[PDB]
Amino acid sequence: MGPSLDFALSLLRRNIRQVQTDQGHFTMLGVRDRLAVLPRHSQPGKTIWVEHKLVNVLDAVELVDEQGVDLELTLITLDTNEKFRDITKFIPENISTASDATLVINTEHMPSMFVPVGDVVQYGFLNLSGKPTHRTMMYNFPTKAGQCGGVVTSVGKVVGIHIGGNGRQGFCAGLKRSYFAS
Ligand SMILES: CCOC(=O)CC[C@H](C[C@@H]1CCNC1=O)NC(=O)[C@@H](CC(=O)[C@@H](NC(=O)c1cc(C)on1)C(C)C)Cc1ccc(F)cc1
């Protein structure tokens, strides 16, 4: 509710970017330095649109956890002029569920949008259009196409990235701090 909403708003300007790839429109969380995270499904190429600018991509590396499981997110590094404000400290050391979370969407079509998704609960194994992953979490909210990459936040942590849904529920890849270690 209110507390996750205001924390979510504090991330928006400095860290939550509108992007476009050949696959469509996505929300992108910038984490530190020139490092950001996107859904694998966005399939970033050699350039990517960020806000109004076509930006060269330094690399895109699929995020695979310490158990060898693809998390369906890719870590992208960018030929941006400025570094992102470092939000490492807001990514929890442990994958975290949360009550009354906020999902932040920021795309050209859904700009600066805060979605009260309610409680985010453990889900675990998830088969997303035939691609299996784990460590996912679920919220009973009817998320939509165009919300992938959306940032799931608690009172003061960034806990997940929206990756899929079935029309009545939504699912995020869980985040923990070690995923972003250099
Ligand atoms: C570029 C445009 O594409 C997009 O908009 C990305 C947006 C949507 C957001 C969905 C869109 C709808 N409700 C939502 O919240 N995401 C996907 O579509 C994903 C597929 C699903 O959500 C599928 N769901 C399940 O499999 C699923 C399983 C359970 C359990 O619940 N849902 C549905 C398409 C059927 C794409 C994907 C494929 C393979 C993966 F490794 C990982 C992801």
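Positions are given from 1, in the same order as the sequence printed here. Atoms within a ligand are numbered from 1 in the order they appear, just like the ligands themselves.
The name given to the drug at ligand 1 is rupintrivir (bound form).
Within 4.5 Å of rupintrivir (bound form, ligand 1), most heavy-atom pairs belong to the chain that the PDB entry identifies as 3C protease. Applying a heavy-atom cut-off of 4.0 Å to rupintrivir (bound form, ligand 1) picks out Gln23, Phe26, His41, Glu72, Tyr123, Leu126, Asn127, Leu128, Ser129, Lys131, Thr143, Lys144, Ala145, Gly146, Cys148, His162, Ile163, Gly164, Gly165, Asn166, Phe171. Within rupintrivir (bound form, ligand 1), the atoms closer than 4.0 Å to a non-hydrogen atom of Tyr123 are 30 (C), numbered from 1 in the order shown.
Within 4.0 Å of atom 18 (O) of rupintrivir (bound form, ligand 1), not a single protein heavy atom is present.
For rupintrivir (bound form, ligand 1), the polar-atom distance check against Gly165 finds a nitrogen or oxygen pair separated by under 3.5 Å. For rupintrivir (bound form, ligand 1), the atoms closer than 4.0 angstrom to any heavy atom of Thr143 are 13 (N), 14 (C), 15 (O). Checked by distance only, rupintrivir (bound form, ligand 1) and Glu72 stay at 3.5 Å or farther apart across all their nitrogen or oxygen atoms. Taking atom 39 (C) of rupintrivir (bound form, ligand 1) as the reference point, the nearest protein heavy-atom neighbour is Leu128 O, 3.2 Å.
Numbered from 1 in the order shown, with element, the atoms of rupintrivir (bound form, ligand 1) that lie under 4.0 Å from a heavy atom of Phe26 read 1 (C). The shortest N/O to N/O separation between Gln147 and rupintrivir (bound form, ligand 1) does not fall below 3.5 Å.
Of the protein's non-hydrogen atoms, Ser129 OG, 3.2 Å is the one closest to atom 20 (C) of rupintrivir (bound form, ligand 1).
Atom numbering of rupintrivir (bound form, ligand 1) starts at 1 in the shown order; those under 4.0 Å from a heavy atom of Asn166 are 31 (O), 32 (N). When each atom of rupintrivir (bound form, ligand 1) is checked for a heavy atom of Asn127 under 4.0 Å away, the hits are 26 (O), 28 (C).
Those atoms of rupintrivir (bound form, ligand 1) with a heavy atom of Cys148 less than 4.0 angstrom away are 6 (C), 7 (C), 8 (C), 9 (C), 16 (N).
Considering backbone and side-chain atoms together, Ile163 places an N or O closer than 3.5 Å to an N or O of rupintrivir (bound form, ligand 1). Near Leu126, with a cut-off below 4.0 Å to any heavy atom, the atoms of rupintrivir (bound form, ligand 1) are 28 (C), 29 (C), 30 (C). Interface atoms of rupintrivir (bound form, ligand 1) facing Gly146, defined by a heavy-atom separation under 4.0 Å, are 5 (O), 7 (C). The protein heavy-atom contact nearest to atom 2 (C) of rupintrivir (bound form, ligand 1) is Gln23 O, 4.2 Å. The model ties rupintrivir (bound form, ligand 1) to no chain through a covalent bond.
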